[PDB]
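Next structure: contains pilocarpine.
Here the PDB entry sets the residue numbers for chain A, with the shown residues being 32-494 in order. Hydrogens, waters and symmetry mates play no part in the numbers below; they use all other heavy atoms, side chains included. Atoms within each ligand, like the ligands themselves, are counted from 1 in listed order.
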Amino acid sequence: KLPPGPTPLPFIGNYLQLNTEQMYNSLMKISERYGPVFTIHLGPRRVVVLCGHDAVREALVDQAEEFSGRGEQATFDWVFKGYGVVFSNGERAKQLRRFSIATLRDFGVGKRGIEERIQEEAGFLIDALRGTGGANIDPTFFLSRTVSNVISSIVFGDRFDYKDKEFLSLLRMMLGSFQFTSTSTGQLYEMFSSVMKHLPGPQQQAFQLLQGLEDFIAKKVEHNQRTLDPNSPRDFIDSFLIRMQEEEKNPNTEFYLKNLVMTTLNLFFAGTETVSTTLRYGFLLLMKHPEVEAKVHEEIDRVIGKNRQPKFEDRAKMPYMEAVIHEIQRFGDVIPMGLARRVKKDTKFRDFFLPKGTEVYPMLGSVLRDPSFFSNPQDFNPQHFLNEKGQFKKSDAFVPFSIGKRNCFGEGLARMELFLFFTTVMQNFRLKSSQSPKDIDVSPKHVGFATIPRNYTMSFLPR
Ligand code: HEM
Ligand SMILES: CC[C@@H]1C(=O)OC[C@@H]1Cc1cncn1C
């Protein structure tokens, strides 16, 4: 009645059929044997795995409500503990998601206000890149510093200074723990956390980075508290603190300190690392494909010129750039196995029975590479998103933000950011790699919770 799967063993589950370094390939390999909907045992964790566009959409959209539970990610769980918008369920989820979305729009998200803040931050990126003077640099932290400062404005009320030493450490905490969950040990940790949380190893260093992140947010919330102005909130924290006061006499409130810290961390973390990873990966692809870089240039120069900052609406007259960013997001597949769902009630899903509470892995990468939707899914080709007339072409299999009732509500911000950061950088610079285009390796460094591109250095050269 449960979907079919390989026969597990007590405690280790499907250990023998799973290569923890490449969980994605391991899971896809077994679906070729059992079909697109199958059961797996990640140690004692029983998970139903959804592969391909059809399986994922049918579950997460067509049976949207039944599949709207949030599952676990054991590493982030160590810090969040089911608190915060991301890992919440039921009433907690309802309240915090609703609140978060509204307060984000209230601070400019999806509006003129945050476009300007992205624009301003992009100029600061251009300045920093200008300052390198075309030298061979690691782009990692130039990018993350810029991305992070958009969401930081919303939640903390101001950007960090680029020379802020603490800001860099915050960014390292985010990079290191994100990377960890993408490694072989990280993915083993998803199977065996009940043991591994108490053992020495890479898990502990990731925990202490998560701890550093929690500590800063806690600290920021306290400062905000002692200086709070109930009539004029400066940031996301303030709005949340204001609601906490309004709800002090409701004993079943979801608005209390721990949910504040964790939601704030959720957004600071998700609002920094993913766009940063996507950008980092984008530029590596662009250097691998010099001819794609040239069309991006051709379009930018013809549509925007050189004398003004790119803006969000330039999107509509830039089908190629839109296709390029989509392909980067499709190819880069930053969240390859989505973020775990779970069934809200006993569920009938296409001839299978899934008991209430059953965890679900929506294999987002398998949709992004679904051969029914993209002609050459393993290649980087912006034509995946283009008409024969050269106009932009939507895809139902373009699901990097996932789909359904618990989909990424940072999508708006992220789309704007990607459009602005990519265009403004490509407008002002051309890219020079350390190695020859043929020698560049755009295969991932790590694939686990996230897809991480290999470490590289590069030059940003003025046009
Ligand atoms: C390229 C950029 C991004 C990608 C690819 C991405 C991807 C994802 C994915 C795959 C999920 C799981 C959705 C699901 O459960 O079906 C998710 C959830 C989430 N993301 Fe993003 N994200 C991005 C940027 C952002 C940003 C900028 C923010 C904050 C402004 C953000 C905040 C969140 C939150 C709060 C959730 C959980 C929503 C919930 O549980 O209700 N993300 N994201
Ligand atoms: C680590 C970032 C977010 C968090 O706090 O816990 C899980 C979540 C993952 C995520 C959501 N949107 C983008 N990412 C990378």
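For pilocarpine, every matching ligand or chain, copies included, can be listed as ligand 2.
Among all chains, the one with more heavy-atom contacts to pilocarpine (ligand 2) than any other is, according to the PDB entry, Cytochrome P450 2A6. My check of the UniProt substrate-binding residues in chain A for heavy atoms under 4.0 Å from pilocarpine (ligand 2) returns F107, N297. For atom 10 (C) of pilocarpine (ligand 2), the closest heavy atom belonging to the protein is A301 CB, 4.0 Å. Across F107, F118, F480, heavy-atom proximity to atom 9 (C) of pilocarpine (ligand 2) is greatest for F480.
Heavy atoms from both the backbone and the side chain of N297 come within less than 4.0 Å of pilocarpine (ligand 2).
Residue-ligand proximity: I366 is placed with a non-hydrogen atom under 4.0 Å from pilocarpine (ligand 2). Applying a cut-off of 4.0 Å to heavy atoms, one finds the binding site of pilocarpine (ligand 2) to be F107, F111, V117, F118, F209, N297, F300, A301, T305, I366, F480.
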Pilocarpine (ligand 2): which protein N/O atoms lie under 3.5 Å from its N/O atoms?
{"residue": "pilocarpine (ligand 2)", "atom": "5 (O)", "partner": "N297", "partner atom": "ND2", "Å": "3.0"}
{"residue": "pilocarpine (ligand 2)", "atom": "14 (N)", "partner": "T305", "partner atom": "OG1", "Å": "3.4"}

